[PDB]
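Pictured: Bromodomain-containing protein 4, co-complexed with midazolam.
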Amino acid sequence: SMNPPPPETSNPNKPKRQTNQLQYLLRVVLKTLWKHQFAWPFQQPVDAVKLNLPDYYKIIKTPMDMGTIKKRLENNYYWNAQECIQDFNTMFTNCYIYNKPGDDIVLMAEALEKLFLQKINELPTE
Ligand SMILES: Cc1ncc2n1-c1ccc(Cl)cc1C(c1ccccc1F)=NC2
């Protein structure tokens, strides 16, 4: 029983770019979530082996985590802000899908998502 490879943090075939919205996403949006008290289960790829979740990667076929996003932003992996927002959005949704609606993790993701939404209200005009 094995974990999949984590999502790529670089691809030499994918065009790279820095935008003031991607800078804002790293310096502000990601710093804000990363430092949160509820950030810890989302700072890395979901370890199905270590966590005892043999069904996790049968259900969630597009995993994403903030460690992957942070590394993506640091390597200019994204072309635009929408790409990154999407990865964040995937992360949240993944959590919503797999967990029972009253699990603690679900409440944590909701707390991080409302924070996410607040922060991206001040995303610069590109
Ligand atoms: C992301 C994610 N989706 C599903 C899981 N997780 C998760 C990931 C990492 C860690 Cl350290 C715990 C959990 C936890 C978890 C988090 C907080 C409280 C209890 C838990 F089982 N559950 C499995």
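Chain A uses the PDB entry numbers throughout; the residues present, in order, are 42-167. All ligand and atom numbering here is 1-based and tracks the order in the structure.
At a 4.0 Å heavy-atom cut-off, midazolam does not touch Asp88 at all.
Of the protein's non-hydrogen atoms, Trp81 CZ3, 3.6 Å is the one closest to atom 11 (Cl) of midazolam.
For midazolam, the atoms closer than 4.0 angstrom to any heavy atom of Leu92 are 7 (C), 8 (C), 9 (C), 10 (C), 12 (C), 13 (C). For atom 2 (C) of midazolam, the nearest non-hydrogen atom of the protein is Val87 CG2, 3.9 Å. Looking at chain A, most residues touching midazolam fall inside the UniProt domain Bromo 1.
Closest to atom 16 (C) of midazolam, if we only count protein heavy atoms, is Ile146 CD1, 3.3 Å. At a 4.0 Å heavy-atom cut-off, midazolam touches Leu94 through the side chain alone.
At a heavy-atom distance under 4.0 Å, no atom of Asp144 approaches midazolam.
Ranking protein heavy atoms by distance to atom 9 (C) of midazolam, first place goes to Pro82 O, 3.2 Å. Scanning the protein heavy atoms around atom 4 (C) of midazolam, the nearest turns out to be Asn140 ND2, 3.6 Å. The protein does not reach atom 14 (C) of midazolam closely, with no heavy atom under 4.0 angstrom from it. The heavy-atom binding site of midazolam at 4.0 Å consists of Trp81, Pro82, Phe83, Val87, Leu92, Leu94, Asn140, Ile146, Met149.
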